[PDB]
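Quick note on labels: first sequence line is chain A, next is B, and so on, each numbered from 1. All heavy atoms count here, side chains included; hydrogens, waters and symmetry mates do not. As the structure lists them, so they are numbered: ligands from 1, and atoms in each ligand from 1.
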Protein chains: 2
Amino acid sequence: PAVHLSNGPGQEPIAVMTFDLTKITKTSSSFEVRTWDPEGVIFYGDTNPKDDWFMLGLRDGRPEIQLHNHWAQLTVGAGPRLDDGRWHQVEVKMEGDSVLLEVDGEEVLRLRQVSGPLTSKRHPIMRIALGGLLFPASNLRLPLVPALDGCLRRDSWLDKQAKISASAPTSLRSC
Amino acid sequence: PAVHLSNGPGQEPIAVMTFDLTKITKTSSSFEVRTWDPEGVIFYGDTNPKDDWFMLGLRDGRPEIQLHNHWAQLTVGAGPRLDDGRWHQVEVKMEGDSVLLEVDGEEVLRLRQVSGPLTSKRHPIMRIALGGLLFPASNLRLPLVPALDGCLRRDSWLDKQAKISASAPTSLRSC
Ligand SMILES: C[C@]12CC[C@@H]3c4ccc(O)cc4CC[C@H]3[C@@H]1CC[C@@H]2O
Ligand SMILES: C[C@]12CC[C@@H]3c4ccc(O)cc4CC[C@H]3[C@@H]1CC[C@@H]2O
Ligand SMILES: [Ca+2]
Ligand SMILES: [Ca+2]
(Lines of atoms letter the chains of each structure in order from A and count residues from 1; the text may use other names and numbers.)
(Lines give C-alpha, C1' and ligand atoms only; values in the text may rest on other atoms or scores of the structure.)
(Ligands and ions follow the chains in the order given, each with its own letter.)
Protein backbone atom coordinates (compact mmCIF):
# COMPACT_ATOMS: atom_id res chain seq x y z
CA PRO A 1 0.00 0.00 0.00
CA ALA A 2 1.42 3.35 -1.17
CA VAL A 3 0.36 6.89 -0.32
CA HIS A 4 0.60 10.13 -2.27
CA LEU A 5 3.27 12.57 -1.14
CA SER A 6 1.16 15.62 -2.02
CA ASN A 7 -2.57 16.21 -1.57
CA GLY A 8 -4.00 18.99 -3.72
CA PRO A 9 -2.66 22.52 -4.09
CA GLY A 10 -1.26 23.04 -0.59
CA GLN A 11 2.40 22.74 0.36
CA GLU A 12 1.73 21.17 3.75
CA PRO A 13 3.18 17.75 4.59
CA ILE A 14 0.82 14.80 4.30
CA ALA A 15 1.93 13.46 7.70
CA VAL A 16 4.01 14.37 10.76
CA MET A 17 5.60 12.04 13.31
CA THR A 18 7.35 13.05 16.51
CA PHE A 19 9.97 11.15 18.47
CA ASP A 20 11.52 11.19 21.95
CA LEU A 21 15.24 11.37 21.26
CA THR A 22 16.02 10.12 24.77
CA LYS A 23 14.62 6.79 23.53
CA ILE A 24 16.23 6.47 20.09
CA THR A 25 18.51 3.54 19.39
CA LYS A 26 18.06 3.13 15.62
CA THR A 27 19.00 6.34 13.84
CA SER A 28 18.01 5.37 10.30
CA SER A 29 14.93 5.38 8.07
CA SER A 30 14.07 3.59 4.86
CA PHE A 31 11.37 3.89 2.23
CA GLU A 32 10.51 3.51 -1.44
CA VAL A 33 9.53 6.43 -3.66
CA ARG A 34 8.19 6.68 -7.21
CA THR A 35 7.72 9.90 -9.16
CA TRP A 36 7.91 11.66 -12.50
CA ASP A 37 8.36 15.00 -10.66
CA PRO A 38 11.86 16.56 -10.81
CA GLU A 39 11.45 18.80 -7.77
CA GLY A 40 9.94 18.61 -4.31
CA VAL A 41 10.29 17.58 -0.68
CA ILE A 42 10.43 13.90 0.24
CA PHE A 43 10.75 14.52 3.98
CA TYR A 44 11.74 17.20 6.47
CA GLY A 45 13.05 16.66 10.00
CA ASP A 46 13.93 18.88 12.90
CA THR A 47 14.49 19.39 16.56
CA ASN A 48 14.10 23.16 16.07
CA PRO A 49 12.86 24.70 12.79
CA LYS A 50 15.09 27.73 13.44
CA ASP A 51 18.29 26.03 14.58
CA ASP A 52 18.37 22.28 13.73
CA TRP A 53 16.58 21.07 10.60
CA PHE A 54 17.09 18.69 7.69
CA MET A 55 15.44 18.28 4.32
CA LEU A 56 15.68 15.49 1.74
CA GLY A 57 14.12 16.45 -1.57
CA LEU A 58 14.59 16.26 -5.33
CA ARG A 59 15.97 19.03 -7.53
CA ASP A 60 16.49 18.40 -11.24
CA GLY A 61 15.39 14.83 -10.50
CA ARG A 62 18.23 14.05 -8.12
CA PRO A 63 18.38 13.85 -4.34
CA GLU A 64 19.21 17.06 -2.52
CA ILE A 65 19.92 17.38 1.20
CA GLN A 66 19.76 20.70 3.00
CA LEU A 67 20.65 20.82 6.65
CA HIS A 68 21.26 23.57 9.15
CA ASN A 69 22.48 22.94 12.69
CA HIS A 70 25.19 24.21 15.01
CA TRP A 71 27.88 22.05 13.39
CA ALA A 72 27.07 22.29 9.68
CA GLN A 73 25.00 24.18 7.14
CA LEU A 74 24.87 22.74 3.65
CA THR A 75 23.02 22.29 0.36
CA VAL A 76 24.19 19.19 -1.50
CA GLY A 77 22.99 17.22 -4.53
CA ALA A 78 24.01 13.64 -5.21
CA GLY A 79 22.94 10.33 -6.68
CA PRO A 80 21.07 9.44 -9.86
CA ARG A 81 17.85 10.97 -11.09
CA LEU A 82 14.86 9.30 -9.46
CA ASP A 83 12.11 10.93 -11.57
CA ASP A 84 11.92 8.01 -14.02
CA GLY A 85 8.68 6.46 -12.78
CA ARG A 86 10.40 3.45 -11.21
CA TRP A 87 10.31 2.55 -7.53
CA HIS A 88 13.55 3.42 -5.79
CA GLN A 89 14.75 2.31 -2.35
CA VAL A 90 16.12 5.12 -0.18
CA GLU A 91 17.85 4.82 3.21
CA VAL A 92 18.93 7.85 5.25
CA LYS A 93 21.14 6.95 8.19
CA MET A 94 22.88 8.90 10.90
CA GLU A 95 26.11 7.04 11.74
CA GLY A 96 28.56 8.62 14.17
CA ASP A 97 28.82 12.25 13.13
CA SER A 98 27.79 11.51 9.54
CA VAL A 99 24.62 11.31 7.46
CA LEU A 100 24.59 8.53 4.86
CA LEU A 101 22.31 8.43 1.83
CA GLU A 102 21.76 5.11 0.04
CA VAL A 103 19.73 4.83 -3.17
CA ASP A 104 18.81 1.45 -4.64
CA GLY A 105 21.34 -0.26 -2.39
CA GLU A 106 24.23 2.07 -3.25
CA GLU A 107 25.72 4.67 -0.92
CA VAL A 108 25.60 7.86 -3.03
CA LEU A 109 26.47 10.48 -0.41
CA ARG A 110 28.15 10.73 2.98
CA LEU A 111 28.02 14.07 4.82
CA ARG A 112 30.80 13.75 7.39
CA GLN A 113 31.21 15.75 10.59
CA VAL A 114 27.71 17.26 10.37
CA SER A 115 25.98 16.41 13.63
CA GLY A 116 26.38 15.56 17.24
CA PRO A 117 24.50 12.52 18.46
CA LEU A 118 20.71 12.63 18.19
CA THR A 119 20.74 11.51 21.84
CA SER A 120 22.23 14.85 22.89
CA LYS A 121 20.36 17.48 20.88
CA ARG A 122 19.46 20.59 22.86
CA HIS A 123 15.75 19.88 22.30
CA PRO A 124 14.96 16.16 22.69
CA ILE A 125 11.89 16.13 20.41
CA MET A 126 12.38 15.32 16.72
CA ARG A 127 9.68 15.86 14.13
CA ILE A 128 9.58 14.15 10.76
CA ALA A 129 7.23 15.54 8.11
CA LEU A 130 6.49 13.62 4.91
CA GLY A 131 6.01 15.44 1.62
CA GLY A 132 6.52 18.94 2.97
CA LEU A 133 8.37 21.28 5.29
CA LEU A 134 7.40 22.57 8.74
CA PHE A 135 8.35 26.13 7.78
CA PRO A 136 7.83 28.29 4.67
CA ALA A 137 9.83 27.18 1.66
CA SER A 138 11.50 30.60 1.57
CA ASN A 139 13.23 29.57 4.83
CA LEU A 140 15.32 26.94 3.02
CA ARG A 141 18.96 27.66 2.32
CA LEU A 142 18.08 27.17 -1.36
CA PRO A 143 14.35 27.42 -2.03
CA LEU A 144 12.53 24.80 -4.04
CA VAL A 145 8.81 24.29 -4.65
CA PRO A 146 7.98 21.61 -2.07
CA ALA A 147 5.12 19.79 -3.80
CA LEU A 148 6.32 16.35 -4.86
CA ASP A 149 3.85 14.52 -7.09
CA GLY A 150 4.97 11.07 -6.05
CA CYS A 151 4.11 7.99 -4.04
CA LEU A 152 5.65 6.51 -0.90
CA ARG A 153 5.58 2.94 0.38
CA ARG A 154 7.44 0.47 2.60
CA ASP A 155 8.47 3.36 4.83
CA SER A 156 9.90 2.96 8.33
CA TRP A 157 11.12 5.92 10.40
CA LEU A 158 13.54 5.29 13.30
CA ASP A 159 11.52 2.90 15.45
CA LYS A 160 8.21 2.70 17.28
CA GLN A 161 9.97 2.72 20.65
CA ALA A 162 10.95 6.36 20.14
CA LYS A 163 7.68 7.58 18.59
CA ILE A 164 5.52 9.94 20.65
CA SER A 165 2.87 10.85 18.09
CA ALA A 166 1.79 10.41 14.46
CA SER A 167 -0.64 12.55 12.45
CA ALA A 168 -4.14 11.33 11.69
CA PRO A 169 -4.04 9.04 8.61
CA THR A 170 -7.53 10.33 7.77
CA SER A 171 -5.94 12.69 5.24
CA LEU A 172 -3.59 10.17 3.60
CA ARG A 173 -4.53 9.35 0.01
CA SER A 174 -3.77 6.00 -1.60
CA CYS A 175 -1.86 5.73 -4.88
CA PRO B 1 51.61 9.16 -21.12
CA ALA B 2 50.69 8.75 -17.43
CA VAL B 3 52.56 9.85 -14.31
CA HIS B 4 52.63 8.44 -10.80
CA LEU B 5 50.72 10.39 -8.17
CA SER B 6 53.21 9.53 -5.42
CA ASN B 7 57.01 9.32 -5.54
CA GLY B 8 58.57 7.32 -2.72
CA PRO B 9 57.91 7.70 0.99
CA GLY B 10 57.24 11.44 1.15
CA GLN B 11 53.81 13.04 1.31
CA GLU B 12 54.72 15.99 -0.91
CA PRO B 13 52.79 16.63 -4.13
CA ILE B 14 54.44 15.49 -7.34
CA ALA B 15 53.67 18.83 -9.02
CA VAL B 16 52.36 22.33 -8.31
CA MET B 17 50.79 24.81 -10.74
CA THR B 18 49.84 28.39 -9.99
CA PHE B 19 47.26 30.56 -11.74
CA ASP B 20 46.36 34.24 -12.02
CA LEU B 21 42.68 34.33 -11.10
CA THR B 22 42.28 37.73 -12.78
CA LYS B 23 42.76 35.79 -16.04
CA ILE B 24 40.57 32.72 -15.50
CA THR B 25 37.67 32.10 -17.85
CA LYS B 26 37.39 28.30 -17.69
CA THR B 27 36.82 27.19 -14.11
CA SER B 28 36.99 23.42 -14.62
CA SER B 29 39.59 20.65 -14.75
CA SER B 30 39.53 17.12 -16.10
CA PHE B 31 41.76 14.09 -15.81
CA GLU B 32 41.90 10.30 -15.70
CA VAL B 33 43.05 8.34 -12.66
CA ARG B 34 43.80 4.67 -12.04
CA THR B 35 44.55 3.11 -8.66
CA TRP B 36 44.15 0.14 -6.36
CA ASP B 37 44.69 2.46 -3.35
CA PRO B 38 41.58 3.21 -1.23
CA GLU B 39 42.93 6.39 0.36
CA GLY B 40 44.93 9.43 -0.65
CA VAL B 41 45.00 12.88 -2.21
CA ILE B 42 44.30 13.31 -5.91
CA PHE B 43 44.74 17.09 -5.89
CA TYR B 44 44.73 20.06 -3.54
CA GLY B 45 43.95 23.68 -4.44
CA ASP B 46 44.01 26.96 -2.62
CA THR B 47 44.19 30.70 -2.65
CA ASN B 48 45.22 30.65 1.03
CA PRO B 49 46.17 27.43 2.87
CA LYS B 50 44.72 28.91 6.08
CA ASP B 51 41.49 30.41 4.77
CA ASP B 52 40.54 29.10 1.29
CA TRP B 53 41.50 25.54 0.34
CA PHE B 54 40.06 22.50 -1.40
CA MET B 55 41.00 18.85 -1.51
CA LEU B 56 39.79 16.02 -3.74
CA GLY B 57 40.92 12.62 -2.51
CA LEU B 58 39.80 9.04 -1.98
CA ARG B 59 38.64 7.55 1.31
CA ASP B 60 37.40 3.95 1.41
CA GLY B 61 37.88 3.98 -2.37
CA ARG B 62 35.39 6.74 -3.05
CA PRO B 63 35.84 10.41 -3.85
CA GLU B 64 35.97 12.77 -0.90
CA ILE B 65 35.97 16.57 -1.10
CA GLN B 66 37.08 18.74 1.80
CA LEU B 67 36.86 22.47 1.45
CA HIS B 68 37.23 25.39 3.80
CA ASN B 69 36.51 28.98 2.80
CA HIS B 70 34.54 31.94 4.09
CA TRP B 71 31.25 30.60 2.71
CA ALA B 72 31.45 26.88 3.44
CA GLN B 73 33.40 24.26 5.36
CA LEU B 74 32.65 20.65 4.52
CA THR B 75 33.80 17.03 4.33
CA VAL B 76 31.74 15.03 1.83
CA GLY B 77 32.02 11.59 0.23
CA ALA B 78 30.21 10.65 -2.97
CA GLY B 79 30.34 8.56 -6.11
CA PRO B 80 31.44 4.98 -6.76
CA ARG B 81 34.65 3.37 -5.60
CA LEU B 82 37.49 4.14 -8.00
CA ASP B 83 40.11 1.77 -6.52
CA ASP B 84 39.31 -1.04 -8.97
CA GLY B 85 42.34 -0.68 -11.24
CA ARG B 86 40.35 0.78 -14.14
CA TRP B 87 40.88 4.21 -15.65
CA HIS B 88 38.21 6.66 -14.55
CA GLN B 89 37.41 10.08 -16.00
CA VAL B 90 37.01 12.84 -13.42
CA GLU B 91 35.85 16.43 -13.98
CA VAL B 92 35.74 19.03 -11.21
CA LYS B 93 33.93 22.20 -12.20
CA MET B 94 33.07 25.44 -10.47
CA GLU B 95 29.74 26.63 -11.88
CA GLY B 96 28.09 29.69 -10.34
CA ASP B 97 28.37 29.21 -6.59
CA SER B 98 28.62 25.42 -6.88
CA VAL B 99 31.29 22.76 -7.26
CA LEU B 100 30.33 19.85 -9.53
CA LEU B 101 32.02 16.45 -9.50
CA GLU B 102 31.59 14.15 -12.51
CA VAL B 103 32.96 10.60 -12.59
CA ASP B 104 32.93 8.53 -15.78
CA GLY B 105 30.54 10.99 -17.39
CA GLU B 106 28.06 11.04 -14.50
CA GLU B 107 27.52 13.94 -12.11
CA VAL B 108 27.91 12.30 -8.68
CA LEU B 109 28.02 15.37 -6.43
CA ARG B 110 27.02 19.02 -6.48
CA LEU B 111 28.10 21.23 -3.57
CA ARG B 112 25.78 24.23 -3.84
CA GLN B 113 26.32 27.68 -2.37
CA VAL B 114 29.97 26.99 -1.45
CA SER B 115 32.01 29.71 -3.12
CA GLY B 116 32.07 33.17 -4.49
CA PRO B 117 33.50 33.58 -7.96
CA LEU B 118 37.13 32.59 -8.45
CA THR B 119 37.49 35.99 -10.14
CA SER B 120 36.88 37.76 -6.83
CA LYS B 121 38.87 35.78 -4.25
CA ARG B 122 40.69 37.95 -1.71
CA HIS B 123 44.03 36.59 -2.93
CA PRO B 124 44.14 36.31 -6.75
CA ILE B 125 46.71 33.49 -6.90
CA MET B 126 45.46 29.90 -6.98
CA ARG B 127 47.74 26.92 -6.47
CA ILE B 128 46.93 23.39 -7.59
CA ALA B 129 49.03 20.55 -6.18
CA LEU B 130 48.84 17.04 -7.64
CA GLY B 131 49.11 13.99 -5.39
CA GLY B 132 49.52 15.88 -2.13
CA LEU B 133 48.58 18.81 0.06
CA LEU B 134 50.35 22.15 0.57
CA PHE B 135 49.97 21.87 4.35
CA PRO B 136 50.38 19.05 6.88
CA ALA B 137 47.72 16.36 6.64
CA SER B 138 46.76 17.06 10.26
CA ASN B 139 45.44 20.43 9.00
CA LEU B 140 42.60 18.73 7.10
CA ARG B 141 39.10 18.86 8.53
CA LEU B 142 39.24 15.04 8.53
CA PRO B 143 42.79 13.70 8.26
CA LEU B 144 43.69 11.03 5.75
CA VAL B 145 47.08 9.64 4.74
CA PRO B 146 47.79 11.63 1.56
CA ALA B 147 49.91 9.14 -0.40
CA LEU B 148 47.89 7.88 -3.37
CA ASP B 149 49.55 4.98 -5.18
CA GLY B 150 47.96 5.75 -8.52
CA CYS B 151 48.52 7.12 -11.99
CA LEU B 152 47.27 10.27 -13.70
CA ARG B 153 46.86 11.02 -17.39
CA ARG B 154 44.95 13.21 -19.85
CA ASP B 155 44.89 15.97 -17.25
CA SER B 156 44.02 19.59 -17.99
CA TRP B 157 43.77 22.24 -15.26
CA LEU B 158 41.80 25.45 -15.95
CA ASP B 159 43.64 26.82 -18.98
CA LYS B 160 47.11 27.92 -20.04
CA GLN B 161 45.98 31.54 -20.29
CA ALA B 162 45.65 31.73 -16.50
CA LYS B 163 48.79 29.74 -15.61
CA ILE B 164 51.69 31.64 -14.02
CA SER B 165 54.00 28.75 -13.15
CA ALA B 166 54.35 24.96 -13.15
CA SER B 167 56.77 22.82 -11.14
CA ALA B 168 59.79 21.23 -12.79
CA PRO B 169 58.73 17.95 -14.47
CA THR B 170 62.21 16.62 -13.67
CA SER B 171 60.71 14.79 -10.67
CA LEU B 172 57.67 13.32 -12.46
CA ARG B 173 57.82 9.54 -12.81
CA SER B 174 56.16 7.68 -15.66
CA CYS B 175 53.71 4.83 -15.05
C1 LIG C 1 17.30 10.38 11.45
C2 LIG C 1 17.29 10.94 9.99
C3 LIG C 1 18.67 11.22 9.41
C4 LIG C 1 19.33 12.44 10.13
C5 LIG C 1 18.44 13.68 10.15
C6 LIG C 1 19.04 14.87 10.86
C7 LIG C 1 20.43 15.01 10.86
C8 LIG C 1 21.05 16.09 11.49
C9 LIG C 1 20.27 17.03 12.14
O10 LIG C 1 20.88 18.09 12.76
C11 LIG C 1 18.89 16.89 12.15
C12 LIG C 1 18.28 15.81 11.50
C13 LIG C 1 16.78 15.69 11.56
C14 LIG C 1 16.22 14.60 10.64
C15 LIG C 1 17.07 13.33 10.75
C16 LIG C 1 16.51 12.27 9.86
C17 LIG C 1 15.07 11.85 10.17
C18 LIG C 1 14.96 10.40 9.62
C19 LIG C 1 16.40 10.08 9.10
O20 LIG C 1 16.68 8.67 9.22
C1 LIG D 1 38.85 25.07 -10.06
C2 LIG D 1 38.73 23.73 -9.28
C3 LIG D 1 37.35 23.47 -8.67
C4 LIG D 1 37.08 24.47 -7.50
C5 LIG D 1 38.18 24.48 -6.45
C6 LIG D 1 37.95 25.45 -5.32
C7 LIG D 1 36.63 25.73 -4.94
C8 LIG D 1 36.35 26.62 -3.90
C9 LIG D 1 37.40 27.23 -3.22
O10 LIG D 1 37.12 28.09 -2.19
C11 LIG D 1 38.70 26.94 -3.59
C12 LIG D 1 38.97 26.05 -4.64
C13 LIG D 1 40.41 25.79 -5.02
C14 LIG D 1 40.59 24.64 -6.01
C15 LIG D 1 39.54 24.74 -7.12
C16 LIG D 1 39.71 23.63 -8.10
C17 LIG D 1 41.08 23.59 -8.80
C18 LIG D 1 40.81 22.84 -10.13
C19 LIG D 1 39.27 22.57 -10.12
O20 LIG D 1 38.74 22.56 -11.46
CA1 LIG E 1 7.22 19.22 -7.88
CA1 LIG F 1 47.08 5.51 0.09
Undergrad: Determine the main partner chain of ligand 2 by heavy-atom contacts and give the name the PDB entry assigns.
TA: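 The chain with the most contacts is Sex hormone-binding globulin.
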Undergrad: Provide the name, as given in the PDB, of the drug at ligand 2.
TA: estradiol
Undergrad: Just wondering, which other chains does a 4.0 Å heavy-atom cut-off pick up around estradiol (ligand 2)?
TA: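 Heavy-atom neighbours of estradiol (ligand 2): B.
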Undergrad: Heavy atoms under 4.0 Å from estradiol (ligand 2): which residues of other chains qualify?
TA: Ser28(B), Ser29(B), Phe43(B), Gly45(B), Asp52(B), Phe54(B), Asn69(B), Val92(B), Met94(B), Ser115(B), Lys121(B), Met126(B), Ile128(B), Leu158(B)
Undergrad: How close does the nearest protein non-hydrogen atom get to atom 3 (C) of estradiol (ligand 2), and which residue and atom is it?
TA: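 Of every protein heavy atom, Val92(B) CG1, 3.9 Å lies nearest to atom 3 (C) of estradiol (ligand 2).
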Undergrad: Among all protein non-hydrogen atoms, which one is nearest to atom 4 (C) of estradiol (ligand 2), and what is the separation to 0.1 Å?
TA: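 Looking only at protein heavy atoms, the one closest to atom 4 (C) of estradiol (ligand 2) is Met94(B) CG, 3.6 Å.
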Undergrad: Counting residues of chain B that contact estradiol (ligand 2), which UniProt domain comes out on top?
TA: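 Most of them lie in the UniProt domain Laminin G-like 1.
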Undergrad: Any N or O on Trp53(B) sitting closer than 3.5 Å to an N or O of estradiol (ligand 2)?
TA: no
Undergrad: Ignoring angles and geometry beyond distance, decide whether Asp52(B) reaches within less than 3.5 Å of estradiol (ligand 2) through its nitrogen or oxygen atoms.
TA: yes
Undergrad: Considering distance alone, does some N or O of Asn69(B) sit under 3.5 Å from an N or O of estradiol (ligand 2)?
TA: yes
Undergrad: For atom 19 (C) of estradiol (ligand 2), grab the closest protein heavy atom and report residue, atom and distance to one decimal in Å.
TA: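 Looking at atom 19 (C) of estradiol (ligand 2), the protein heavy atom closest to it is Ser29(B) OG, 3.6 Å.
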Undergrad: Just wondering, where does the PDB say chain B originated?
TA: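 By the entry, that would be Homo sapiens.
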Undergrad: Short N/O distance, under 3.5 Å, between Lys93(B) and estradiol (ligand 2)?
TA: no
Undergrad: Looking only at protein heavy atoms, which one is nearest to atom 8 (C) of estradiol (ligand 2), and what is the separation?
TA: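 For atom 8 (C) of estradiol (ligand 2), the nearest protein heavy atom comes out as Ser115(B) OG, 3.8 Å.
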Undergrad: Do any other ligands or ions come closer than 4.0 Å to estradiol (ligand 2)?
TA: none
